[PDB]
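Here is a PDB entry that includes valsartan.
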Amino acid sequence: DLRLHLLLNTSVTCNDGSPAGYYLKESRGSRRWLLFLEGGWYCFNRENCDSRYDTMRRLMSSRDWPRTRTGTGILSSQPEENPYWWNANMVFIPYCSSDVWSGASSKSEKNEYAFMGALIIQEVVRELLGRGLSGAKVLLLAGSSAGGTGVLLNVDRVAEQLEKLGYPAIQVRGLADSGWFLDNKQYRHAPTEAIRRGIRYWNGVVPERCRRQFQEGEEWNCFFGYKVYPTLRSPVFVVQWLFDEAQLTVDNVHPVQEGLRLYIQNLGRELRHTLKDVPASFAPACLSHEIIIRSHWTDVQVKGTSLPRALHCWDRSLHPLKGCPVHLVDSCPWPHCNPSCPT
Ligand SMILES: CCCCC(=O)N(Cc1ccc(-c2ccccc2-c2nn[nH]n2)cc1)[C@H](C(=O)O)C(C)C
Ligand SMILES: *[C@@H]1O[C@H](CO)[C@@H](O)[C@H](O)[C@H]1NC(C)=O
């Protein structure tokens, strides 16, 4: 089990002002550290956040968090469940800031809620250095859904923080699962508008090079993987279903006739196109919401290679390899044309 630690700097808070924190299981024989960002949507104004506080309070507050959690999938310590990194130091960071991990704003006389996701990540890293992170050779920042977008927004800032603090030997890398979205046209008739409003409500921050390209008022562009990815310096592995259920939901897709058939086929082709220049990627032709912390994450394969294998090949590449591929994108055009898709 992973054990809860509330942050020692109690001014780094969840939405309601309670302390943020992390769950930790140390592995003293290992120099690998996996830090995983939870997902779970976001909220973007007072009324929308008030609703979330009524029925999704664990995503806004630490007051009711349990003392332990079990690691599953890529967070499992059992070799049979996690062929990739079963011996690593494991960290699960709960998502309690409702800001896609981008905020840097405290509760105040003018602010009902605090949005501190970007500061939570920095403070977890700083407190872990005294618990063994100072001896790491690799820090993998991973996450699913809003946490996967959070990886894209924060991996280079973690790298720069460790450099400025005096730890140049730690190699920082990212793993973004189910956080790679398209700002496309809906099938029936606003996510880009909600993100734009959220950034202003949260005092949200984006990576520096991407901010300088798009400039003031246009920082919402940096929440879209295909636009922010080319600006990043740290190595990033991208995992994305070609027919992701969250993408189809915001596109208003729920005996399929010609117009919808063409829409779905075009969505898969567009997603595949955005990954052409992403050398480390895993993108199966499936309709799914399933994520990399699920216990059966080993079962899906693209071109005969599982995700745990592809991640191992990626590690080797950062020391093309014969029989050890890292770029795995399905080419078949309809959900479940890959026989290994989750049932
Ligand atoms: C063009 C941007 C696409 C990304 C996007 O709009 N997002 C928010 C969201 C919220 C709620 C739902 C949702 C609503 C009702 C019912 C089911 C779902 C759902 N959620 N997952 N599957 N279905 C979908 C997306 C991302 C996410 O959090 O996914 C963030 C990171 C920007
Ligand atoms: C605690 O966190 C706050 C908010 O990020 C920061 O301003 C402050 O300097 C921190 N205090 C210490 C002692 O690290």
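Using the PDB entry numbers, chain A covers 88-276, 286-350, 355-419, 428-451, in order. Whatever order the structure lists ligands and atoms in, that order sets their numbers, starting from 1. This entry, so its header tells us, was determined using X-ray crystallography, 1.4 Å.
- Every copy of valsartan included, the relevant parts of the model are ligand 1.
- Ranked by contacts, the chain bound most extensively to valsartan is, in the PDB entry, Palmitoleoyl-protein carboxylesterase NOTUM.
- For atom 13 (C) of valsartan, the closest non-hydrogen atom of the protein is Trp128 CZ2, 3.7 Å.
- Residue contacts with valsartan: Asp340 is excluded, as none of its non-hydrogen atoms falls under 4.0 Å.
- With a 4.0 Å heavy-atom cut-off, valsartan is reached by the side chain of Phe268 but not by its N, CA, C or O.
- Of the other ligands and ions shown, none has an atom under 4.0 Å from valsartan.
- For valsartan, the closest UniProt active-site residue in chain A and the least heavy-atom distance to 1 Å are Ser232, 5 Å.
- Residue contact annotation: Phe320 has a non-hydrogen atom under 4.0 Å from valsartan.
- Residue contact check: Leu269 has heavy atoms under 4.0 Å from atoms 1 (C) of valsartan.
- Using a non-hydrogen distance threshold of 4.0 Å, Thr345 registers as a contact of valsartan.
- Ligand-side atoms of valsartan in range of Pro287: 1 (C), 2 (C), range being under 4.0 angstrom from any heavy atom.
- By the 3.5 Å distance cut-off applied to N or O atoms, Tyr129 is not counted among the residues near valsartan.
- Which parts of valsartan touch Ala233 is read off a 4.0 Å heavy-atom cut-off, strictly below it: atoms 31 (C).
- Near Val346, with a cut-off below 4.0 Å to any heavy atom, the atoms of valsartan are 3 (C), 6 (O), 25 (C).
- Using a 4.0 Å cut-off to heavy atoms of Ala342, the atoms of valsartan that qualify are 21 (N), 22 (N), 23 (N), 29 (O).
- Applying a cut-off of 4.0 Å to heavy atoms, one finds the binding site of valsartan to be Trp128, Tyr129, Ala233, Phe268, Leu269, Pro287, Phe320, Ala342, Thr345, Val346.
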